[PDB]
A.B. asks: 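The following entry shows CC-930 complexed with Mitogen-activated protein kinase 10.
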Amino acid sequence: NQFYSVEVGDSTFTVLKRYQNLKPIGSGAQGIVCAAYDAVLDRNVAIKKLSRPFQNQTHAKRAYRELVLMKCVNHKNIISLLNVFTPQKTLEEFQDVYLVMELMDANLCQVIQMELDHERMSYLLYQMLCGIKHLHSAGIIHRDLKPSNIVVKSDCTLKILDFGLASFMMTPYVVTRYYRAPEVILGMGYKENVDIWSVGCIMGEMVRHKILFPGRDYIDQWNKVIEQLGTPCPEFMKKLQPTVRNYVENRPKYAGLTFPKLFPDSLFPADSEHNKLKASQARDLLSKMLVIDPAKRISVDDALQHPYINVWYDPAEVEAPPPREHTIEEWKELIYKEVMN
Ligand SMILES: O[C@H]1CC[C@H](Nc2ncc3nc(Nc4c(F)cc(F)cc4F)n([C@H]4CCOC4)c3n2)CC1
């Protein structure tokens, strides 16, 4: 057999023989993830197991789209695959997809919990921006960009793991909404700068060491947002569909708080004249990115030329060349066909 079977806690990993010394590093939604040594490449890898992803339209649509996009895109700030396999041999036997990529050191949650100098905080953000630039350059507007799905190496390098939104599921695990734009929360139209909102919830969180806009669902969460940023302006709501519009125009009012109040001097490496200039620079971007009305919110390319981010700029990283419903039966075939080719 090309394959061997280990009990990664509860479930069973049945992987190629090359992958030795498995250790559980990520349990979550579509997949269990393990770290491994790859004796063919002689490096460590992350290996994620899709357990029966055709089981429903949700798991399936994500699995397949992510499979599809994950082979067409070519950027170092966006996940690359090193290998994919099923240990089952026919479509009728088919069950599990295994997804293999470069092993990283930490996710962004863990990194957010740390004090970062400006050089790191900004280099991270420059990279989130390059990857989104890439996704956008191909027609993918992510819209659900969050730090539990972004990974980092000790040398401060970064990859985004997933490809965003296209949704019921019998589950323990809740979806994370906090980084979602007002357009997604209020079912609006949207454009490529919808992802900038997400980046600013991230940036803000790195500084604040607290989730900016938490909450139980879209009710608590729209609240947490207006009572910090203010009620939005008339012609923003002018773009809200009558029923959503009714609800918003009728919520309590707030003038909102200024950006030095939201992100006080306390929170910034601001000891030298360097970190003083960089601190005021960060807040200036923060306030261009935490902007409810997408019409007034900074673009991806403009943010890429903000002086806080501009120092890392590089054409090869920025202007890099770019690339329905089904039954469970039909998704299985779709997914099995991409896995095989
Ligand atoms: O405490 C530390 C946290 C970071 C961890 N390093 C790490 N490195 C690479 C990873 N790739 C994926 N997922 C994934 C994959 F494997 C293949 C894919 F096709 C797509 C993926 F999304 N994950 C998971 C684990 C948790 O965060 C996401 C990875 N985790 C080391 C331990």
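By the PDB entry numbering, chain A shows 46-211, 217-373, 383-400, in order. Just so you know, these numbers use all the heavy atoms, side chains as well, and skip hydrogens, waters and symmetry mates. We count ligands from 1, going down the list as the structure has it; atoms in each ligand are counted the same way. Structure determined by X-ray crystallography, 2.2 Å.
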A.B. asks: With a non-hydrogen cut-off of 4.0 Å, what is the binding site of CC-930 (ligand 1)?
C.D. replies: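 At that heavy-atom cut-off, the site is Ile70, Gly71, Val78, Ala91, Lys93, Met115, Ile124, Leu126, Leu144, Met146, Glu147, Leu148, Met149, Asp150, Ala151, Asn152, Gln155, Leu206.
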A.B. asks: How close does the nearest protein non-hydrogen atom get to atom 14 (C) of CC-930 (ligand 1), and which residue and atom is it?
C.D. replies: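 Going atom by atom, the protein heavy atom closest to atom 14 (C) of CC-930 (ligand 1) ends up being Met146 SD, 3.9 Å.
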A.B. asks: Give the atoms of CC-930 (ligand 1), by number and element, whose distance to some non-hydrogen atom of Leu126 is under 4.0 Å.
C.D. replies: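 Every atom of CC-930 (ligand 1) under 4.0 Å from some heavy atom of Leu126: 19 (F).
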A.B. asks: How far is atom 27 (O) of CC-930 (ligand 1) from the closest protein heavy atom, and which atom is that?
C.D. replies: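 That would be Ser193 O, 4.2 Å.
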A.B. asks: Which atoms of CC-930 (ligand 1) have any heavy atom of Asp150 under 4.0 Å away?
C.D. replies: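 Every atom of CC-930 (ligand 1) under 4.0 Å from some heavy atom of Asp150: 2 (C), 31 (C).
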A.B. asks: Under 4.0 Å from a heavy atom of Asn152: give me the atoms of CC-930 (ligand 1) that qualify, with their elements.
C.D. replies: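 That gives atoms 3 (C), 4 (C) of CC-930 (ligand 1).
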A.B. asks: UniProt domain of chain A most involved in contacts with CC-930 (ligand 1)?
C.D. replies: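 That would be UniProt domain Protein kinase.
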A.B. asks: Just want to see if CC-930 (ligand 1) lands near the annotated pocket: which residues UniProt lists as binding ATP in chain A have a heavy atom under 4.0 Å from it?
C.D. replies: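 From UniProt's list, the heavy-atom cut-off leaves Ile70, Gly71, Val78, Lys93.
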A.B. asks: Would you look at chain A and tell me which UniProt active-site residue is nearest CC-930 (ligand 1)? The heavy-atom distance to 1 Å is enough.
C.D. replies: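 Per UniProt, closest by heavy-atom distance: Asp189, 12 Å.
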A.B. asks: Among all protein heavy atoms, pick the one closest to atom 10 (C) of CC-930 (ligand 1) and tell me residue, atom and distance.
C.D. replies: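 Closest protein heavy atom to atom 10 (C) of CC-930 (ligand 1): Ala91 CB, 3.4 Å.
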A.B. asks: Please report which non-hydrogen protein atom sits nearest to atom 12 (C) of CC-930 (ligand 1), along with the residue it belongs to and the distance in Å to one decimal place.
C.D. replies: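 Answer for atom 12 (C) of CC-930 (ligand 1): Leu206 CD1, 3.7 Å.
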A.B. asks: What atoms of CC-930 (ligand 1) come within less than 4.0 Å of a heavy atom belonging to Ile70?
C.D. replies: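 Heavy-atom distances to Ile70 below 4.0 Å select 5 (C), 6 (N), 7 (C), 25 (C), 26 (C), 30 (N).
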A.B. asks: Write out the residue and atom name of the closest protein heavy atom to atom 24 (C) of CC-930 (ligand 1), then the distance separating them to 0.1 Å.
C.D. replies: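 Ranking protein heavy atoms by distance from atom 24 (C) of CC-930 (ligand 1), first comes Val78 CG2, 3.7 Å.
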A.B. asks: Using a strict cut-off of 4.0 Å, indicate which atoms of CC-930 (ligand 1) neighbour a heavy atom of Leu148.
C.D. replies: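 Counting atoms of CC-930 (ligand 1) from 1, those under 4.0 Å from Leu148 are 8 (N).
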A.B. asks: Quick one: what's the source organism for chain A in the PDB entry?
C.D. replies: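 The PDB entry says Homo sapiens.
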A.B. asks: Provide, to 0.1 Å, the distance between atom 6 (N) of CC-930 (ligand 1) and the closest protein heavy atom, together with that atom's residue and name.
C.D. replies: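 Checking every protein heavy atom, the shortest distance to atom 6 (N) of CC-930 (ligand 1) gives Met149 O, 2.9 Å.
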A.B. asks: Specify the protein heavy atom at minimum distance from atom 21 (C) of CC-930 (ligand 1): its residue, its atom name, and the distance to 0.1 Å.
C.D. replies: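 Here the closest protein heavy atom is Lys93 NZ, 3.6 Å.
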A.B. asks: Starting from atom 1 (O) of CC-930 (ligand 1), which protein heavy atom do you reach first, and at what distance in Å?
C.D. replies: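 Sorting protein heavy atoms by distance from atom 1 (O) of CC-930 (ligand 1) puts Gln155 NE2, 2.8 Å first.
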A.B. asks: Could you tell me, atom by atom, which parts of CC-930 (ligand 1) come under 4.0 Å of a heavy atom of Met115?
C.D. replies: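 This gives 19 (F) as the contact atoms.
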A.B. asks: What are the atoms of CC-930 (ligand 1), with element, lying closer than 4.0 Å to any heavy atom of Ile124?
C.D. replies: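 Once the distances to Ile124 are compared, the set is 18 (C), 19 (F), 20 (C).
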